[PDB]
4 protein chains.
Amino acid sequence: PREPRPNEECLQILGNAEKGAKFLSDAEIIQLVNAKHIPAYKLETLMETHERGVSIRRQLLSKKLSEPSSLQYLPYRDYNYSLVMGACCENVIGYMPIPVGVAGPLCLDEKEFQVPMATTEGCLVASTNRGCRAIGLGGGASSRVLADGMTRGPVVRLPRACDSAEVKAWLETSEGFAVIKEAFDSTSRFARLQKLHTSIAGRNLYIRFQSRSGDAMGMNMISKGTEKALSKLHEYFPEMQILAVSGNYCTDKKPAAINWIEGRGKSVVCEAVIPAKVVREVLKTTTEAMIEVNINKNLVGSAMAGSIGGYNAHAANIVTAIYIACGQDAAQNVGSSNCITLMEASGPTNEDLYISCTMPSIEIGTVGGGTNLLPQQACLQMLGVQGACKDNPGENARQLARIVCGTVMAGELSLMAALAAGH
Amino acid sequence: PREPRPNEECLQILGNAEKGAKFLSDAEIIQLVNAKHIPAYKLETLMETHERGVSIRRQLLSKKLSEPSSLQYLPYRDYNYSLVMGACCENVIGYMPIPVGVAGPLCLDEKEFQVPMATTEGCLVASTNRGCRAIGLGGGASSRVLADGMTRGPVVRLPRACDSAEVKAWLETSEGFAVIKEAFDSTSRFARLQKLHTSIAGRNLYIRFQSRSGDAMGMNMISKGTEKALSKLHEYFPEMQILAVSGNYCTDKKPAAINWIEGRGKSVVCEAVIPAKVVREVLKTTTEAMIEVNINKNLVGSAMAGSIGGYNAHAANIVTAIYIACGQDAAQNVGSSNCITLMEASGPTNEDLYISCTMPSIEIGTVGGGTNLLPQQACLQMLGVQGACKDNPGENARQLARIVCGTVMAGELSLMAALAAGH
Amino acid sequence: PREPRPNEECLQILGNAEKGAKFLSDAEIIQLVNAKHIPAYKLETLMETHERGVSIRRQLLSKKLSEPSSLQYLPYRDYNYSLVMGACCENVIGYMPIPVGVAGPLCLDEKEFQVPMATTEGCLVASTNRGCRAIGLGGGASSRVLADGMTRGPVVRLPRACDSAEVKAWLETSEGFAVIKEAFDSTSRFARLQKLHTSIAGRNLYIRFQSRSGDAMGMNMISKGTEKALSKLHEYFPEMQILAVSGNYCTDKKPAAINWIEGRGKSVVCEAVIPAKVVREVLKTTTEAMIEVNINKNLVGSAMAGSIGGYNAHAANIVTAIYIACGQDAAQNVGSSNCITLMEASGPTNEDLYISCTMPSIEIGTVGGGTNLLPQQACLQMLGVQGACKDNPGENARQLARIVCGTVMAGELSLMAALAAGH
Amino acid sequence: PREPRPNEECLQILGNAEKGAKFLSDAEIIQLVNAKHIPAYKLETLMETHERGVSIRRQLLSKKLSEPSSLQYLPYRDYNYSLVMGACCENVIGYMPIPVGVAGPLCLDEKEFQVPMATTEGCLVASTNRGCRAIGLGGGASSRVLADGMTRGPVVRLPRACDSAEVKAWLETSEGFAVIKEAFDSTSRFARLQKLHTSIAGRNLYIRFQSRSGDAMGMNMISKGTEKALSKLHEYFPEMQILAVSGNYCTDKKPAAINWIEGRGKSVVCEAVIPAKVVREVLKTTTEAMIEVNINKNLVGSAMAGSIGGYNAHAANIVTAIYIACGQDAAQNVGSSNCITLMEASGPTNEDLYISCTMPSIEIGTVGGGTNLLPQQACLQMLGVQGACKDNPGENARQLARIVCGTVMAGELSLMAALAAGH
Ligand SMILES: CC(C)c1c(C(=O)Nc2ccccc2)c(-c2ccccc2)c(-c2ccc(F)cc2)n1CC[C@@H](O)C[C@@H](O)CC(=O)O
Ligand SMILES: CC(C)c1c(C(=O)Nc2ccccc2)c(-c2ccccc2)c(-c2ccc(F)cc2)n1CC[C@@H](O)C[C@@H](O)CC(=O)O
Ligand SMILES: CC(C)c1c(C(=O)Nc2ccccc2)c(-c2ccccc2)c(-c2ccc(F)cc2)n1CC[C@@H](O)C[C@@H](O)CC(=O)O
Ligand SMILES: CC(C)c1c(C(=O)Nc2ccccc2)c(-c2ccccc2)c(-c2ccc(F)cc2)n1CC[C@@H](O)C[C@@H](O)CC(=O)O
């Protein structure tokens, strides 16, 4: 065996360029960390490899648990931590595997997709698959991006509500907007300020900056632009106080009517027509029953529950699964699952099922954040939308938004059919 | 090398008890699947091991992709698929690793927790950690479960709105409620029907069944009980038509005022007091600035955005990270992140920061679904709440809800301090 | 002519029992008021008649206007001010005439009503009349009161959120509720506390007391009961601070999801079936067009606008007109107009139009407040619901609520037909 | 006495130019109406005077009532019906007197107003008066109009959601908007189309036209412009179906988040600062208590109730009273009472009370509708805003909106002080 060497030593070895770590033992590193000679947060750099750093962190953590063996089945080895450090997570102690299933082919805008879904919910993928099959037999779905821009809603404060009114008026003129647009756009090549939306509350002024952001989701870029624009605004109104760069007016990761009404990120609509025969044989129901259930659940039931933007069956399921599979920020599902599902009779006999899904606030990107990790990049690649689209910036993010809407629609179709048919 | 054998053969080998798979090659299985002799969804059972089944599925999928090499960095090997089959996912082609960091210790109700957070969002864990530290220096946090029961909101339809009124009246009497409660409770040992909430819309009657469910999240159990109760109800009103077992009146996985006002799952409140000195040194701000930002962002900004239940900074971040780490259904964050954050001055000098978070609709469990997988069980175990609590059923789920609320509060504290301090 | 006498005199005459007012002139009273010898608010008592007091007030006001002749066409004479003083208005300077039309007969629950509507909106009464005619030809409407109780939502505050939780738990037990119910019910013969609804936010506890109130609208009585109950509650928790007797949790005269979901005042549903032929000849449209418009305006359009409880065409018009005619508090229309209108196909051929209106928060009374004035009492009397119903307390208020719902439904029918038919 | 003459006769007299009505008796007219020889709706024209026509209508109505004497105290005589016929009401049977009190002087934007309030709610005027006094002692209030335009939200339908997207895109271009603006503006001199707001839901397109309308409230003018613009739009997309001229997307007379977020009619902010001493002596409270109550009632209590736009104490009371006094459409209070009230500490010592009211959707006019009647014109005249302002069109409506906001603020101040002080 062996025993730890004193603390005063073991820094000699740590320092030595040749005789570095890989000569110390785990217990020795533990001792050095417990003595404050190393900061634990740095263990992945000050250590021969990154995996060993997370190992050390795990051992330290285990010592403080009531059940020391808790981490046994949390996997941490043979994972590329270099892409996570300083980018994606801190105090890393391993990774959480989420099973990934595949729904498809989804026939959307004359193409076919195979949609990865990371879920632990049994039967979700199978239900989505049945919906995909129904749509495919129906002659495919169609989608359109209606609007596109990520937003940031800072709140600033003036000495008096009259001053706030003055600032609002100045922002509404062409000259003031031009100045703010120039300041905002100077911060990046994709920063192209669109029309501003202001709201006063007493001496608080809430300003909603909106802009396209290439293929990135846009939060960092929009925030940077917002900060620069607010500095410029401060130049004209030195009494202005920037209270918060986010005033919950964006609105980011909270339910808000503003996202529903004005949009946030990408606004999409998708539609399909399902023949009567296909509704009978694949969905095991009828068009009339589907419409009845749609009206009395997604419209009237949501209305009685007091829903804003929740006029759908389970869009959040599909959205969350895809988001986790493709490296999106999963909290954003809060806003991104806003959807209204409509079903009607169609065809020369009113026997076919027309269905449409409308999702005004799909917050999504294919560059930056979680999309920088290879496993998530794989799921993006199987869709054909990985990374930046050099020719037509933002095209990959738009395509991913369309696929999200189409998959949500297939899921709606399937779950609605199941509810209408009974058990 | 070798070449595939005919299709008529290769079923002989597949059938043979001794000379089964493990004698066929990958190309041979591919051929059999393409000929419809095997259903692909069954590949994980009709194959020597489960891993090989997912391998076959992956190869089939790769053939249909525009970039055949897309799956290269999607990991699938050395993962226990036995627990996922028939429970958690279908058409499995691997798993998605989510980095797991640790925030803590969180000092909550006189105990210390180490909270796992699965995220790809940089700096989230560090910010939560700073909040945890502030709370810890402040003398710890306190929490209470206020209400507990999962809900299912079926919609039924009567011939006339007068009939719907009759059914509603009958449900409101002690005898009718007793009959329905007996029918509902007969379906499981944890099914204990609480008071019903009805809403009429014309001839549609929406009924919200609520009940505790042990340590499970409860959806399956509540749905089963609801179905039995609806059959019983049909016995008294044979003209009733059960339109959908879910009428969006639960409300499950959609923003709804009903969850905010009546609660869903567990309702929790947490609070702490942060000394002025700690607010200065750890949070790098002052109590007055924190209160100003809290009022003008979480209350007024959310009000101007038209938020229902979104009166907080970023509760969805913390909720989503914990949910993914601990095997919860992540779509449920849609409802579970509803929170209101309040900050006030406190102490003999009004210099200390009182903070409270209130979350009325935390949907959460520690048994069933994603909590059946070992990696997620590890994260549950490091909290001390894994599985069913035999002595006091539901205690582990309640504890997990308390920890969720406390972590959300630490996150609020940190992010609010950052916004108040500026860059 | 004549000239004012000194100020020191003119109080002699004012004081004298025999030689009182009616001997002073208008200018003399004006002088006394301007000298502070009389308070203007008392002019209607310290004056030979009430009309003369309002006359004096009018002259005083006229002197301070930029156009002294402004009041010329504001009528004030031959009106009974005795019933308004100390009850209904202060600083009275006349009355505002609102034209009153009559819609009907409305065939409701096998009876016929003639509904007075006080409006200045052209064509409202005629449109309501056409709707009434359609309903009448359709075999009349049917209605039910589903729930009944006015509410008051005080807010109280505890030292800590844990204390608030304790109070909430205590209110939820049978013993605590019994004590509170006794205290509340002791304050009047109609005060019968129903189940309480609580909501915590940090250390704020919001309590919604609900109760029937006879035939009165109930606000005064409910408030009195609430105050008594809060005193009783304070006895058990001496640290409780009653922050406000109304915490906007009632919710009174503001849009709130709580009124929509839980009800406030009376909850009513009304329905009718309109034969296809009648829809063609009276409404000048078809059933299919009516349903299409109903779905895509009252459901989907309201959903896209982010409406809570506004799933109807113009219920506020009818509600406001009736309320003003019948002496109701017209501000209450804010909550009382919440309505959802549903239309469906019906009959053996799906050719007839089924319509239903559901209004969960009709706040209404037939005693107290504006219902104490004779002109408003006349409008109540032509409906047959004036004053208290001695046999069956609250029956007149319930009947008035039913009539309101039925008239709203007729208005919906007519306006929807007009919109569907085009110009 | 006398007896009715046959029916065949009595039309001779009715017809005769010289020997017309005024020779027939009331019973004779009754007989002619009952025989269908006269339509009752025309009684006010085919009769010597208008008053006599309403008299005849009253007698007819009385015959059909269960209590024939119901109309006795409903006044109808000595009222100018000429201005109501064909403009304001139909089937008129009299008028409803509403007592009118006066609150003021209100010191607003360096001027003084005397605000008429038509109410039957006891103590409302006195409370508003106390608020006015506090504001006056505080150095007056200040207000600003932030935005101004009435809206109409038609809904149109396309064959497919892709077609709806095409129409939306075309409306968003400068050329399409120019064409629509020209068509819309051609219909009146005040019709000046501002930027359009569209929302898709499947194949439904909801278009929100907004425009200033002079001093009129604007509904009729905006509707006319909308119809013309929709015809023009139909020229480019012949497959478009105009489903309804109002799709509840305006949104008119329903609670909707869209009015809160985008505004409707006039958006106003008012503010004042109340010295500490004045808060003590007039309001009988302290600044700290006022702020506490404001936060925990108007913000947190409204949030817990799930309010959109109802973050105030009782703005609907003031709004309704003024609207009824000044001839406004009182149903519009539903949208016009949306308000947020904010209170803060202010001054060199944080002892003074800053208060602000923000009302984004004040729907109001001073021409047309109820403002055409002399009694309502009197109330408009005492404010100085009656009729059209020839120099600066719309200035009178803007001034009236400012006064409404200021009066609401005084009412908030008073009621909040009363709640904070207790009984
Ligand atoms: C798998 C999933 C889509 C599903 C199905 C289904 O379609 N099965 C499927 C599987 C394989 C192939 C084909 C179909 C059934 C489902 C529904 C009806 C009949 C059978 C299954 C349900 C489900 C919905 C509500 C319940 F109460 C219980 C279960 N669920 C769960 C949905 C749930 O998470 C969200 C939802 O509850 C939100 C809401 O409605 O408020
Ligand atoms: C890491 C995270 C909590 C964070 C911090 C922070 O506290 N940094 C931190 C990291 C390590 C240690 C200590 C602190 C800052 C943050 C905030 C202000 C100053 C510095 C960092 C932000 C963030 C918030 C809004 C922005 F526009 C940009 C960034 N964010 C991102 C929050 C975002 O996801 C949700 C939020 O936007 C929702 C909303 O407010 O509407
Ligand atoms: C008289 C009233 C009911 C009416 C009619 C009608 O039915 N006319 C009637 C009169 C006499 C006999 C029979 C019928 C028409 C109406 C509607 C369509 C065609 C003809 C008249 C409208 C009206 C509605 C929206 C407009 F833009 C313009 C006018 N209005 C005004 C309604 C308005 O106040 C509220 C509403 O706008 C709320 C909303 O929809 O958002
Ligand atoms: C007269 C009115 C403004 C008033 C006062 C007041 O200020 N009195 C006044 C009169 C004369 C001079 C000075 C002051 C008191 C009032 C409040 C507290 C103490 C004394 C009176 C109340 C009132 C409010 C809620 C209650 F439960 C009961 C009464 N009310 C009735 C308000 C009510 O309609 C709307 C409100 O309830 C909406 C809400 O809060 O949800």
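The chains are labelled alphabetically, A first, in the order the sequence lines are listed. Note that chain A is numbered according to the PDB entry, with residues 439-861 shown in order. We number chain B the way the PDB entry does; in order, the residues shown are 439-861. Throughout, chain C uses the PDB entry numbering, with the displayed residues spanning 439-861 in order. Per the PDB entry, chain D residues shown: 439-861, in order. What you see below is based on every heavy atom in this structure, not just the backbone, and it leaves out hydrogens, waters and symmetry mates. Start at 1 and go down the list; that is how both ligands and their atoms are numbered.
The name recorded for the drug at ligand 2 is atorvastatin. Of all chains here, the one making more contacts with atorvastatin (ligand 2) than any other appears in the PDB entry as 3-hydroxy-3-methylglutaryl-coenzyme A reductase. Other chains with one or more heavy atoms under 4.0 Å from any atom of atorvastatin (ligand 2): A, B.
For atorvastatin (ligand 2), no covalent anchor to a chain is modeled. For atom 40 (O) of atorvastatin (ligand 2), the candidate residues are B/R568, A/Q770, A/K691, B/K735; the nearest heavy-atom contact is made by B/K735. If you check which protein heavy atom lies closest to atom 36 (C) of atorvastatin (ligand 2), you get A/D690 OD2, 3.5 Å. Scanning all protein heavy atoms for the shortest distance to atom 7 (O) of atorvastatin (ligand 2) gives B/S565 OG, 3.0 Å.
For atom 38 (C) of atorvastatin (ligand 2), the candidate residues are B/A751, A/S684, B/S852; the nearest heavy-atom contact is made by B/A751. Remark: minimum distance from atom 22 (C) of atorvastatin (ligand 2) to any protein heavy atom is reached at B/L853 CD1, 3.8 Å. Heavy atoms of B/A856 found under 4.0 angstrom from atorvastatin (ligand 2) belong to the backbone as well as the side chain. Taking a cut-off of under 4.0 Å to the non-hydrogen atoms of B/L562, the atoms of atorvastatin (ligand 2) that pass are 1 (C). When the heavy-atom distances from atom 26 (C) of atorvastatin (ligand 2) to A/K692, A/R590, A/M657, B/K722 are ranked, the shortest goes to A/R590. By the criterion of a heavy-atom distance under 4.0 Å, the side chain of B/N755, and not its backbone, is placed next to atorvastatin (ligand 2). When only non-hydrogen protein atoms are considered, atom 34 (O) of atorvastatin (ligand 2) lies nearest to B/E559 OE2, 2.7 Å. Nearest non-hydrogen protein atom to atom 27 (F) of atorvastatin (ligand 2) is A/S661 OG, 2.6 Å.
Heavy atoms under 4.0 Å from atorvastatin (ligand 2) belong to A/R590, A/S661, A/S684, A/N686, A/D690, A/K691, A/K692, B/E559, B/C561, B/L562, B/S565, B/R568, B/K735, B/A751, B/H752, B/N755, B/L853, B/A856, B/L857, B/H861.
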Atorvastatin (ligand 2): which protein N/O atoms lie under 3.5 Å from its N/O atoms?
unit_1	atom_1	unit_2	atom_2	d
atorvastatin (ligand 2)	7 (O)	B/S565	OG	3.0
atorvastatin (ligand 2)	34 (O)	A/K691	NZ	3.0
atorvastatin (ligand 2)	34 (O)	B/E559	OE2	2.7
atorvastatin (ligand 2)	34 (O)	B/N755	ND2	3.1
atorvastatin (ligand 2)	37 (O)	A/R590	NH1	3.3
atorvastatin (ligand 2)	37 (O)	A/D690	OD2	3.1
atorvastatin (ligand 2)	40 (O)	A/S684	OG	3.0
atorvastatin (ligand 2)	40 (O)	B/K735	NZ	2.8
atorvastatin (ligand 2)	41 (O)	A/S684	OG	2.9
atorvastatin (ligand 2)	41 (O)	A/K692	NZ	3.0

